[PDB]
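The structure to be discussed contains ritonavir.
In what follows, chains are A, B, ... by sequence order, proteins preceding strands, each numbered from 1. One-based numbering, in listed order, for ligands and for the atoms of each. Just so it is clear, the values below take in all heavy atoms, side chains as well, and ignore hydrogens, waters and symmetry mates.
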There are 2 protein chains.
Amino acid sequence: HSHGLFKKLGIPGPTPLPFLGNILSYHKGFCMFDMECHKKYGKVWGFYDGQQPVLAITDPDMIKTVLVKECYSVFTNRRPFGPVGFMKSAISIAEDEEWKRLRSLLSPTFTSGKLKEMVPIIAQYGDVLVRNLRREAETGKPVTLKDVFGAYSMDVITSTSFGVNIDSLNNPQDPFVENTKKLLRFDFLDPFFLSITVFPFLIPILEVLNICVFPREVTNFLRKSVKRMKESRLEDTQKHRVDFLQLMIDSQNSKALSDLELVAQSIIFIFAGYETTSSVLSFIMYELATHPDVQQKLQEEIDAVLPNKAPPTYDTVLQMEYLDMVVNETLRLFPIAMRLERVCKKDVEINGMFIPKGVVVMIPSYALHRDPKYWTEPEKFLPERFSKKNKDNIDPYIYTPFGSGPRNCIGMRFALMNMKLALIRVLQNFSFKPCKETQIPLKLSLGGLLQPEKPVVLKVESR
Amino acid sequence: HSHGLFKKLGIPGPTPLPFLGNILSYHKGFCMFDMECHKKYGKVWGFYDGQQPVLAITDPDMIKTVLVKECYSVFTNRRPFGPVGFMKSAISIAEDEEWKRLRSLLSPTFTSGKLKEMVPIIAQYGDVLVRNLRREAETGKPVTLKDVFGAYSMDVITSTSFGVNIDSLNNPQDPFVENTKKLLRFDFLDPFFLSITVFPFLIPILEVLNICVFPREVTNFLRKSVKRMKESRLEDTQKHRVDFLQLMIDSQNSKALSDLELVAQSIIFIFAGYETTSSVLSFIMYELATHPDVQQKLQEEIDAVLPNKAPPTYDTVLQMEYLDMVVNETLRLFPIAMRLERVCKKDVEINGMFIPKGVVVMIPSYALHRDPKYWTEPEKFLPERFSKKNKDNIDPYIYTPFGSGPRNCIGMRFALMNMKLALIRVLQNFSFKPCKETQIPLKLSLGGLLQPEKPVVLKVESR
Ligand SMILES: CC(C)c1nc(CN(C)C(=O)N[C@H](C(=O)N[C@@H](Cc2ccccc2)C[C@H](O)[C@H](Cc2ccccc2)NC(=O)OCc2cncs2)C(C)C)cs1
Ligand SMILES: CC(C)c1nc(CN(C)C(=O)N[C@H](C(=O)N[C@@H](Cc2ccccc2)C[C@H](O)[C@H](Cc2ccccc2)NC(=O)OCc2cncs2)C(C)C)cs1
Ligand code: HEM
Ligand code: HEM
């Protein structure tokens, strides 16, 4: 029984139960579990996900070692998370040289030049969003911001990546949004995902049964969508710009990117660009609404840089320090990650401490983001933390909302800009106010993914 | 999750953990678990073996109902205990009409007439045992009684059932004993049996992999042993007597008993007649040695009925009240059963209480045997409890060392006599004394089967 390993290495931790490990402790959300474990254990601890030994680490240097120094040699892959099917070839799930080949190929997608060619493309979509909101602005009833941001983010990602205008904004009952949000119902009171975290030995078996954590009732829709919208649809080059679709087409003809492998990456992009982007935007608006001085101070920058509702540009976006601070701050309090993780591929002693092969190393981002060692009054939302005159007191290995090292978020620059353009255009025309149903203080979901327990509703007013 | 059933019926019990149920409580042996649950819960309680709801019952009337009144209609089978292979056809494992057909056929094996024809057959074996013990009597060093009783019991059962003299007594390194004791290594610190009690949904899968809880490295030896010792070995009838082997041969020719089905029953008989018989005999000798007045009072009866070491007979055995009392008493304190169990086949309300389909009903014999409600000073060994003048204060449904109703021990009369003849012949020539390594007070095995934690060693002296 691999359960005696952490006591056998002198590493502290909560007592494992047979078979379950410590999974019962996720009863109050694992973020809480992490915070407790930090308070009580220190720099370093160990616990079990079923039989799977995880090792939490909090030392900055040790974190840098793992994420950056030894990524290529030792800590190269994340943990396998369940029965995955064809999606084994998605970049974020892919391991070692198959991942590195995919990384190398998709790296060029998000260069400042490729990015600045999206500035005008999104610009046209920000106009549609503005208009959508003005419609509810005129009505004056609570908005579920994920709905409006969702379709926005979907329209943005679909056009930037493939060239296709699916027009999600002008479509409430939209198949592309409706299918994509059903993709991961991750939940521990959901008897399925619990059981593969506990019992991952059933994984090999479910693969052979073509069972995915992804409803095939989704992946088939997305498979058919991308199927010939790559093929007979994009043909005569025609208006062909910077689209990752082509970058995967262009590097198929004259190494070698398969067809199902192509669909697989697209799904990663569609999901990231929809769910992640829209969740964060919803989190910032909640903060800006529960903090009006912050919302105003921002609206002032927005007009100070773009004189009286002027159209945003690449260079214009980067200039705005306070807008970057507001985004960074929300991401401090609401990390979509909530844990960074790497599988130990061979044996190592990192900075005077030994990790055996097969162990999962886990950085508890959520916890470290709220640690009194690094953060003054870490509970409070304080954008001023990220000002030019305070960001040196910030440790680059305690604050990583995008991960770090060679496996960090490939989408960082895209999402930052995409989110900011959305914000600018929105605050440039509207102000946001608390509602009667607005969950204050907002509690997070007890289960898996970082989401509100109650969906975010707020009042919208034009200026 | 079937875990809310017992609170949903208003039936008390220890709080189930997800997946595990209450199995963690078997940490101190389930007998202890039962006693606690009795003390604290009362007449009736519920707990979970994994997802499997067990219901413990202690009411005499309710017990009689289950074992006797509703056996045929409702409580007909025991629980499936793991991957079983060809042994699915063994009588004790067999369900419903397939079991009833087998019962009906093997019932006649143990009639007083069939039994009295074994009296002279065992008589010859008791002579060999006596001699074996006299050899260690002359040496004067601690005896492991299971060794001597084992070979005795093996010789008895093999000759009575098949007609074959395998001569286990005159053979230390005997394949028949050495293979048979490896048949069930039942244990909870044994990671295998634990996991199928918890996770019996893996059973269907292991069957298809020809995995038995019985080492095939045993069943193949026993399969080949019985294989042609039935066939070309027993041919010209020749000396053919009362042997169950023939009773299964005789009712194959001119319903219909298969060949692998034949081997299956034999294994049940060989095991019962070896392990059960020899364990009890070891338990009585421990009691008789830790209680010399009891050993003497018995030796007096033995000679009072059989004048100066006379040869025992059927009728002679039955007469001896005190010998029956000593056997009954040891069986009160050391039930080889330790729980009686039945699967609820359809819905029922037994005496004003409702049981849903699929629930296991369990009588906690070990516990009830040591209950102050029925037994004075139940901890103490007191044969006098079973005297003609006290046995009315004994409830036939609290004391069932052989089970009750149509599924009770088919071997009851055989084992009683076989054990008694062994005892008579032994005490008729020897006295038994505590040793320096004799575990006092003797503790039972924490795990599954009723066995000593330490093997029983005692000193033997001739008279
Ligand atoms: C006990 C343990 C298994 C648990 N972890 C969590 C939450 N945490 C911390 C995770 O790392 N959860 C994992 C995850 O999403 N890993 C991801 C890397 C990551 C980690 C944290 C934050 C951002 C990206 C890596 C996986 O390949 C996922 C799986 C996936 C694929 C398609 C659609 C949805 C999801 N693919 C992603 O690339 O998601 C798209 C994203 C892009 N950018 C941010 S998310 C999986 C186990 C779900 C809940 S339970
Ligand atoms: C949680 C639960 C599953 C557990 N129970 C126990 C102990 N108790 C109480 C049992 O009932 N244990 C069960 C058992 O042996 N059942 C038995 C009926 C019984 C019950 C109690 C006392 C005497 C006979 C019924 C099963 O068919 C066994 C299995 C077997 C087959 C060949 C060789 C060895 C074993 N077959 C028997 O007929 O054993 C031979 C015997 C004949 N007479 C007494 S034992 C199995 C689950 C092992 C440990 S863990
Ligand atoms: C605010 C929005 C986003 C946040 C906070 C975010 C955050 C992260 C984080 C924390 C990781 C894991 C890094 C690590 O383990 O070290 C990650 C991985 C990744 N993200 Fe994002 N992300 C966002 C948006 C996007 C977008 C828009 C895309 C592209 C469509 C994207 C694509 C990816 C990919 C492909 C990976 C896997 C990297 C690899 O394994 O090579 N993300 N993201
Ligand atoms: C002291 C010795 C023995 C004891 C205490 C004993 C006890 C028991 C008990 C308690 C049961 C279960 C009854 C129930 O669930 O109600 C049982 C079943 C059984 N015993 Fe025994 N037994 C002994 C010896 C033997 C012998 C020698 C044989 C035959 C070789 C035998 C054959 C069986 C069989 C076949 C069953 C299953 C009955 C059925 O399902 O039809 N036992 N025994």
### Task
Name every ligand number or chain letter assigned to ritonavir.
ligands 1 and 2
### Task
Give the name from UniProt for the chain that makes the most contacts with ritonavir (ligand 1).
Cytochrome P450 3A4
### Query
Counting only non-hydrogen atoms strictly under 4.0 Å, which other chains reach ritonavir (ligand 1)?
A
### Task
List the residues forming the binding site of ritonavir (ligand 1), heavy atoms under 4.0 Å.
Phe30(A), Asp49(A), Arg78(A), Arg79(A), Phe81(A), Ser92(A), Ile93(A), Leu183(A), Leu184(A), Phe186(A), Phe188(A), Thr197(A), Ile268(A), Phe271(A), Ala272(A), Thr276(A), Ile336(A), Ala337(A), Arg339(A)
### Species of chain A (entry)
Homo sapiens
### chain A: UniProt heme binders within 4.0 Å of ritonavir (ligand 1) (heavy atoms)
none
